[PDB]
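Okay, structure first, notes after.
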Amino acid sequence: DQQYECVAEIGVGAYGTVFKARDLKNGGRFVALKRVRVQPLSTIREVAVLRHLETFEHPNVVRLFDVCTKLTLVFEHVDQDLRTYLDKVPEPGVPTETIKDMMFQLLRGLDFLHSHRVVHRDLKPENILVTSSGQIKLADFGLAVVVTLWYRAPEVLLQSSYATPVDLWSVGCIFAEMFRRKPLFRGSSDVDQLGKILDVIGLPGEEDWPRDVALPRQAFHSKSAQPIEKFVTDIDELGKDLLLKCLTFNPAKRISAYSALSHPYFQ
Ligand SMILES: CC(C)n1c(C(C)(C)O)nc2c(F)cc(-c3nc(N[C@@H]4CCOC[C@H]4O)ncc3Cl)cc21
């Protein structure tokens, strides 16, 4: 494509590469140019879902400017991710109302995706973008040290389920991280990540542990659920309630993005 000039590599990329490029036909604005290889109905369907979502132009998801044919996806460029934002915020950290605003915007973007049956499945500060105006935009969904591990829901770690609640667990981890400015659960393997989660939330009821999984409840020896204020010190009463509703072991009992939008923490 001689309409885009690649200036820097944003990353890779299970089946392609993403570049920061100059959009030569639209005033030379920056775009995130993703080139995806093909070896396919599964892939065609996924890009149709992406194009359909773009018709709504939701304020909390990145704009998809163009799709070209081996597949070129052109998105609006955002200068920073939430990881970079949190790394640069000076002491004593992110202001209370800014944490509230960013979390509300994040849940609005996720509620949009979940209402159109799209599950992000890889929600982390690296793919939550922060615009120059302070707007939160979700990115890197709908296709296909491992930072991903730290935001994985117990049901993904156990290999039991992958429904919309998976993203609400990641929201909970990110919410706690907005205050801490360090990951809540920093594990080095699937089993270890689950162990570190249960050391904080405690062992769930025996009936809440999923059936037909390799890791039984008996493999974890967490004595008690610790108070979340020990790990998230500046969090208020309402924020604590919303956080624990996100960090609920059983995905059926976990708060949805829709209900989280109505939580008294945002009133
Ligand atoms: C990097 C990662 C989350 N990413 C991946 C893969 C598959 C590698 O995970 N695909 C990606 C993709 F298609 C697009 C973007 C994207 N990036 C920016 N800007 C970036 C943000 C990070 O700081 C440098 C800036 O240039 N703006 C808008 C968009 Cl939409 C990021 C992607």
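Numbers in chain A track the PDB entry; the residues on display, in order, are 10-48, 55-84, 93-167, 179-301. Both backbone and side-chain heavy atoms feed into the values below; hydrogens, waters and symmetry mates do not. Just so you know, ligand 1 is whichever comes first in the structure, and atom 1 is the first atom listed for that ligand. We read in the header that X-ray crystallography, 1.8 Å was used to get this structure.
Between atirmociclib, lotrafiban, noscapine, seladelpar, cenerimod, the one at ligand 1 is atirmociclib.
In this PDB structure, the PDB entry names the chief binding partner of atirmociclib (ligand 1) as Cyclin-dependent kinase 6. UniProt domain boundaries put most chain A contacts with atirmociclib (ligand 1) inside Protein kinase. Distances below 4.0 Å separate heavy atoms of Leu152 from the following atoms of atirmociclib (ligand 1): 18 (C), 21 (C), 27 (N), 28 (C), 29 (C). Here is the list of atirmociclib (ligand 1) atoms found below 4.0 Å of a heavy atom in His100: 18 (C), 19 (N), 25 (C), 26 (O), 27 (N), 28 (C).
For atom 11 (C) of atirmociclib (ligand 1), the closest non-hydrogen atom of the protein is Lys43 NZ, 3.6 Å. Atirmociclib (ligand 1) places these atoms under 4.0 Å from at least one heavy atom of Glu149: 3 (C). Here no covalent bond joins atirmociclib (ligand 1) to a chain.
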